There are 2 protein chains.
Amino acid sequence: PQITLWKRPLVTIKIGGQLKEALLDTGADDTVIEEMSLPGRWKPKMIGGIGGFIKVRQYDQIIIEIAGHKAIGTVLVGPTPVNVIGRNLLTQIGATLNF
Amino acid sequence: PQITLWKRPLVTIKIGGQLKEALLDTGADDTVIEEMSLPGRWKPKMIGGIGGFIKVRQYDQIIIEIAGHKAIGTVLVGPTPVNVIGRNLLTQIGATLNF
Ligand SMILES: CC(C)CN(C[C@@H](O)[C@H](Cc1ccccc1)NC(=O)O[C@H]1CCOC1)S(=O)(=O)c1ccc(N)cc1
């Protein structure tokens, strides 16, 4: 698809069997998902943005279906107010910015 | 151009004759730039990011060149870890996300 930016670029994702809405975010290095459980070992990480830093749990080798495309990579889970799909997974679905 | 997302989508912008670097950020509703004086009057705005809310100075109808493309619109000035070009100006330069 070609997604216009008049509105937030929101897509349906599927992660750990759960359907969620997430923002396609070229400004985010890594994918960050609102608090949930994910299988596997995790390690703590700090990520910073507007308003400062939050501590998240970093899970590797996580599969997410993004708008019907399967991608695999690191998924951070923490007290983010929005689900964001970051560049680490955007690349895997072949997403680009065009102007 | 077409911008892939393997690296941060950082571009040069020009605002009041000064060159700055900024992040093309589809996850950002608004455009926020680090402290600088802009002409004219400003008004208060609160914006929320990953770590909570910050207060910014909102200036309207500001002329800005983004990666060679002219935009005229709202620029928020305040403590951000990186200059971000948000959807309000991404739409003016004709940017779309594609996959
Ligand atoms: C601020 C940029 C540089 C960094 N973030 C991405 C941005 O797209 C961020 C995403 C977001 C949207 C809504 C609520 C909360 C977060 N938008 C954002 O702050 O919108 C503000 C700025 C102007 O308009 C409103 S991030 O969320 O901090 C982040 C950092 C690291 C990782 N790994 C993932 C995400």
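The chains carry the letters A, B, and so on, in the order of their sequence lines. In chain A, numbers come from the PDB entry; the residues present are 1-99, in order. Quick note: numbers on chain B are straight from the PDB entry, i.e. 101-199, in order. Counting starts at 1 for both ligands and their atoms, in listed order. Atoms considered below: every heavy atom in the structure, side chains included; atoms not considered: hydrogens, waters and symmetry mates.
Lab note: most contacts to ligand 1 come from the chain the PDB entry lists as Protease. According to the PDB, the drug located at ligand 1 is amprenavir. Counting only non-hydrogen atoms, chains lying under 4.0 Å from amprenavir: A, B.
Nearest to atom 1 (C) of amprenavir by heavy-atom distance, out of A:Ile47, A:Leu76, B:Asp125, A:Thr74, is B:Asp125. Protein heavy atom nearest atom 17 (N) of amprenavir, with residue, atom name and distance: B:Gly127 O, 3.2 Å. Nearest to atom 3 (C) of amprenavir by heavy-atom distance, out of A:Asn83, B:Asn188, A:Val84, B:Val182, is B:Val182. In terms of protein heavy atoms, atom 26 (S) of amprenavir is closest to B:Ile150 CB, 4.1 Å.
In this structure, of B:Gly149, A:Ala28, B:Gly178, A:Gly86, the residue bringing a heavy atom nearest to atom 19 (O) of amprenavir is B:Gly149.
Of all atoms in amprenavir, listed by their number and element, those nearer than 4.0 Å to a heavy atom of A:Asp30 are 32 (C), 33 (N), 34 (C). By the 4.0 Å heavy-atom criterion, A:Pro81 is counted among the residues contacting amprenavir. The single protein non-hydrogen atom nearest to atom 21 (C) of amprenavir is B:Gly148 O, 3.7 Å, given as residue, atom name and distance. Below 4.0 Å from some heavy atom of B:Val132 lie the following atoms of amprenavir, by number and element: 23 (C).
Applying a heavy-atom cut-off of 4.0 Å to amprenavir picks out A:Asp25, A:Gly27, A:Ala28, A:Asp29, A:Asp30, A:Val32, A:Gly48, A:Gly49, A:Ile50, A:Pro81, A:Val82, B:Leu123, B:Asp125, B:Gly127, B:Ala128, B:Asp129, B:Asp130, B:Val132, B:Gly148, B:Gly149, B:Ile150, B:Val182, B:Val184.
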